[PDB]
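Count residues from 1 along the sequence. Computation of the quantities below employed the complete heavy-atom set of this structure, encompassing side-chain atoms and omitting hydrogens, waters and symmetry-equivalent molecules. Per the header of the entry, the method used was X-ray crystallography, 2.2 Å. Counting convention: from 1, in listed order, for ligands and their atoms alike.
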Amino acid sequence: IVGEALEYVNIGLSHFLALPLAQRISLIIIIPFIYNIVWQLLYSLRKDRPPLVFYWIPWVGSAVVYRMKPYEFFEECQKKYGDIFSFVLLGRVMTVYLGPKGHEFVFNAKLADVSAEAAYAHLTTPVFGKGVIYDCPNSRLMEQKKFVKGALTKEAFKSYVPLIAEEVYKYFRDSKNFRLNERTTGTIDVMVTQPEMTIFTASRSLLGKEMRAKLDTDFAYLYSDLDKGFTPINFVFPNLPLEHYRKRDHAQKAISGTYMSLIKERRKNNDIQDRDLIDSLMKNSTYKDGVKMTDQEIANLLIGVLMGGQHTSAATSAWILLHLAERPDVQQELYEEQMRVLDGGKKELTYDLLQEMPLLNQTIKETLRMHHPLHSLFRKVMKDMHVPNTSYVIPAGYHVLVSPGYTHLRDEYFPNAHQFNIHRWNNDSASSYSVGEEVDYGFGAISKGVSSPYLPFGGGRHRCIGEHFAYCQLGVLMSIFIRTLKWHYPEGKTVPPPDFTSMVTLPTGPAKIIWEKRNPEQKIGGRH
Ligand code: HEM
Ligand SMILES: OC(Cn1cncn1)(Cn1cncn1)c1ccc(F)cc1F
């Protein structure tokens, strides 16, 4: 008689529901904790699954150590498991593929295999607005990148350089962090100055003088509000009844409203020329099926492009300053190149002369090697993927994680990878370059292979299109910094460690440097 056994099942069930509040809620804790550890041991038996990093807390997973020290977490998992391993992250299963072959597996994955918008829609749509970037089919994103790229030509860069130069000098003249007509030395926090110089130069060139003029008013507070809304918490809590989320959404409406106001006003006057990205998108935002971007979608695309380039570039110029602060030899070498190329300062900086400054461009290139602003890039796996030359299968619902910034710091591909050395790029100052064949995904021909160990701007269909703008912006800025100032650390201070917890791997602040004028008597003209 096993009939008695099922009776005692039912009996035991009723006795379970009659356990005290103390013991019951403890079982709601211990029974998933126990089952968590059982499932993992059964999981490590599957040979079609990459090894899974062990974790105690269910759902949370390895979130704590990945959030704080991802590159150290990756190297430990690489020593233990190899280049392909999975780990649980806040309810998601992340499959990491390290190395150049990991770059190929993710950046060159089939459009039907992975989705970037499935991974990033919650991070960006609340900040940027609806209809653009990752709130649309990939084919729409491909053409949006094509639209933006139309205002990112060599002709545009020739006009942006004197505009960006004016903004840098205006900042040297007017900002409390410098005031070079009143002070010959001072101390700045680079995480204060660089975001400000980044938005001032990006707005003036990409958005135009009207939008730049707004930043001198209370309107600049909205950018700060919207900027605060670009944060990793959106991956878990995209919308919560809080003040942070309200000022963010308010900023998005208010900022996009200002852009639409200018857009509708220019078309109201046929004041549509070739000045900025706004003119460009007004003349060139019709998809190939005939659908035209709305004024709201155009404005939202402006926010996303400007916000993305804001964080990557501001972090990068901060890192450049921090590495040069302890390298007066490099500052000295960069200065000589400035005197040679610009004829002792008698030549005005142009976009063509920027291209004749290899050491300056190598400095940017080396900084982007040691400080990739995006330490990890994600895709959600849409169809079950097989890893070549393995038996591994990444089932749909998993996420893949590619990390070129980790390969940037491996000695095998960059000897003495943790040494800052711009001369490792001698006779190779190009921001990046295709090492052979090419492919066009809808926004221009780009490298077909994505196997380079150096991928600061990614690769494949989601490859960056701001690379040449960033080098232009960083180049003009650093050319002026070099010619105007020397700088160094306060005694005992050095390059800070990266903050991997923010949206980009910016330096841990406050990161202070002491500037001093190369020409104490030099004055910056203009009224103020
Ligand atoms: C140092 C500066 C920058 C770096 C290192 C950088 C890096 C990257 C990387 C790695 C990606 C690939 C993202 C992925 O595959 O998921 C990307 C995408 C992109 N970036 Fe940049 N970026 C920089 C600046 C800029 C600027 C200045 C702009 C615009 C003016 C810009 C606009 C874009 C756009 C539109 C994409 C396309 C994203 C997609 O198609 O999914 N970026 N960037
Ligand atoms: O790729 C980003 C979004 N992102 C991914 N991981 C972290 N943030 C950042 N970015 C890359 N280059 C510039 N910004 C992006 C892409 C396009 C875009 F329009 C905005 C935007 F934030």
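Choosing among tetrahydrocannabivarin, obidoxime, fluconazole, one finds at ligand 2 the drug fluconazole.
The chief contact partner of fluconazole in this model is named by the PDB entry as Lanosterol 14-alpha demethylase. Residues touching fluconazole within 4.0 Å, heavy atoms only: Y120, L123, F128, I133, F230, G304, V305, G308, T312, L374. Remark: minimum distance from atom 6 (N) of fluconazole to any protein heavy atom is reached at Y120 CE2, 3.7 Å. The nearest protein heavy atom to atom 15 (C) of fluconazole is not closer than 4.0 Å. Protein heavy atom at the shortest distance from atom 9 (C) of fluconazole is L374 CD1, 3.9 Å. In summary, the atoms of fluconazole found under 4.0 Å from a heavy atom of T312, numbered by their order in the structure, are 12 (N), 13 (C), 14 (N). Taking every heavy atom of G304 and a limit of under 4.0 angstrom, the matching atoms of fluconazole come to 18 (C), 19 (F), 20 (C).
Looking at the model, one finds no covalent bond between fluconazole and a chain. Every atom of fluconazole is numbered from 1 in the order shown, and the set under 4.0 Å from a heavy atom of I133 is 19 (F). Atom 2 (C) of fluconazole lies below 4.0 Å from none of the non-hydrogen atoms of the protein. As recorded in the PDB, the organism behind chain A is Saccharomyces cerevisiae (strain YJM789). Below 4.0 Å from some heavy atom of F128 lie the following atoms of fluconazole, by number and element: 20 (C), 22 (F). Atom numbering of fluconazole starts at 1 in the shown order; those under 4.0 Å from a heavy atom of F230 are 8 (N), 22 (F).
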